Amino acid sequence: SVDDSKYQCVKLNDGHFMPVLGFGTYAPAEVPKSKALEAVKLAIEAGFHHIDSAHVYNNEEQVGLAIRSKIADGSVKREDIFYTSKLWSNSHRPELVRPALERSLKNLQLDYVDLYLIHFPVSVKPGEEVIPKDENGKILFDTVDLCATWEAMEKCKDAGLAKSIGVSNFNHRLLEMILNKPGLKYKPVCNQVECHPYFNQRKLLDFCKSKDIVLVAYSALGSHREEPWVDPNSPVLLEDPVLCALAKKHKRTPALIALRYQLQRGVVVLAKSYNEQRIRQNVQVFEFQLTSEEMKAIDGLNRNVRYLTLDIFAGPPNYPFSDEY
Ligand SMILES: NC(=O)c1ccc[n+]([C@@H]2O[C@H](COP(=O)([O-])OP(=O)(O)OC[C@H]3O[C@@H](n4cnc5c(N)ncnc54)[C@H](OP(=O)(O)O)[C@@H]3O)[C@@H](O)[C@H]2O)c1
Ligand SMILES: CC(=O)[C@H]1CC[C@H]2[C@@H]3CCC4=CC(=O)CC[C@]4(C)[C@H]3CC[C@]12C
């Protein structure tokens, strides 16, 4: 490694710096958790400085241990790790936001997260069930004002427990509601949403840019494809023939093309892998560049394919994916 003390970062609207390539940690239920531990250690070792998890992924104990293990063995300093967690929808009530963050931190054994996000804007009833249901099997939705959720998030930042705060799965209207909030103290630094060449989010992205909100792309390689979350007949992004042709031309891979596309359009990009080789491969995103004509060809792949509809949460007004953007 010629110089691993530096790496590519973007300045967020609160003055903190976010590494532009993030390691995704979600794995399907059939995968055991010891795997998350090793994969995060490998990611750190490969040069990932941004690590994305969430309370609901049920891996934070493992992800935390991997981070502390790599600090303790001298590979990395805490300040050169950007760690994201997320507030699950059964803790949107403002009184529960801080306890949920403290709980993440306790599982992690870290003093702070770098970023805390409202994970999804549809609230469900508080309690131990992450998806609470009634006698008829219907989800018990909760009526919570997310402005009040945001205010509690602001207090977490002021207490130092989250260096930065942001949102996920917010649409144009929901972001406006937060930006116009009475007494707003901190804008969200980011909106983490699904983004890839079949769903390139240009309209939402331009809106985010106009407000200096960074868009953070998940499922940027086409998603984990885990049923029932993702339909098995959705097209497989990484078999796209334009992506494959650019990959061959560049002597890279479809995945790397998909990742590089996001970097060049100003998006911070996540990439999940629990495989040694693919983990290292994904860091190659910084070793080549796409021309304007290649970026235009990738822009032309847009085709309204949303892998993660999360339509179990459809119905309430805060369900984000029924508006155009
Ligand atoms: N905020 C939200 O609602 C939300 C939703 C989804 C995800 N996320 C975050 O974003 C992350 C990423 O999204 P995602 O999990 O949907 O998946 P993703 O990153 O789009 O895609 C990852 C899949 O691609 C594979 N892969 C990785 N690198 C590859 C390469 N070089 N070549 C070929 N295949 C490769 C992985 O398999 P191998 O593992 O076997 O390599 C994995 O199955 C999550 O883990 C999570 O942290 C957030
Ligand atoms: C990572 C991801 O796409 C998110 C979207 C919806 C989330 C799921 C919501 C339902 C759920 C309930 C559980 O008890 C385990 C976690 C799961 C299985 C969640 C895993 C994280 C999911 C799958």
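Numbering of residues begins at 1 and proceeds along the displayed sequence. Indexing begins at 1, ligand by ligand and atom by atom, following the structure's order.
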- Query: Which compound from metenolone, escitalopram, belinostat, progesterone, topiramate occupies the position given as ligand 2?
  - Reply: progesterone
| query | What name does the PDB entry give to the macromolecule most in contact with progesterone? | reply | Aldo-keto reductase family 1 member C2
Could you walk me through which residues contact progesterone, taking a 4.0 Å heavy-atom cut-off? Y26, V56, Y57, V130, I131, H224, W229, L308, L310
Need the progesterone atom indices (1-based, order shown) with element for anything under 4.0 Å from a heavy-atom of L308.
3 (O)
With the threshold set strictly below 4.0 angstrom, can you tell me whether any protein non-hydrogen atom sits that near atom 10 (C) of progesterone? yes
Quiz item: In terms of residue, atom name and distance, what is the protein heavy atom nearest to atom 14 (O) of progesterone?
Solution: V130 CG2, 3.4 Å
### Query
Nearest to progesterone, which UniProt active-site residue of chain A is it, and what is the least heavy-atom distance to 1 Å?
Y57, 4 Å
Protein non-hydrogen atom below 4.0 angstrom of atom 7 (C) of progesterone present: no
Closest non-hydrogen protein atom to atom 18 (C) of progesterone, residue and atom name please, with distance?
-> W229 CZ2, 3.9 Å
### Task
Considering only non-hydrogen protein atoms, determine which one is nearest to atom 21 (C) of progesterone and report residue, atom name and distance to 0.1 Å.
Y26 CE1, 3.9 Å
I'd love to know which residues UniProt tags as binding substrate in chain A are close to progesterone, meaning a heavy atom under 4.0 Å. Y26, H224, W229
Could you tell me, atom by atom, which parts of progesterone come under 4.0 Å of a heavy atom of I131?
9 (C), 10 (C)
So which protein heavy atom does atom 5 (C) of progesterone come closest to, and at what separation?
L310 CD1, 3.3 Å
Quiz item: Of the residues in chain A that UniProt says bind NADP(+), which have any non-hydrogen atom under 4.0 Å from progesterone?
Solution: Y26, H224
Hey, are there any other ligands or ions sitting under 4.0 Å from progesterone? ligand 1 (NADP nicotinamide-adenine-dinucleotide phosphate)
Identity and separation of the nearest protein heavy atom to atom 16 (C) of progesterone: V56 O, 3.9 Å
Under 3.5 Å between some N or O of progesterone and some N or O of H224? yes
What does the contact table look like for progesterone (nitrogen or oxygen on each side, cut-off under 3.5 Å)?
{"unit_1": "progesterone", "atom_1": "3 (O)", "unit_2": "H224", "atom_2": "NE2", "d": "3.2"}

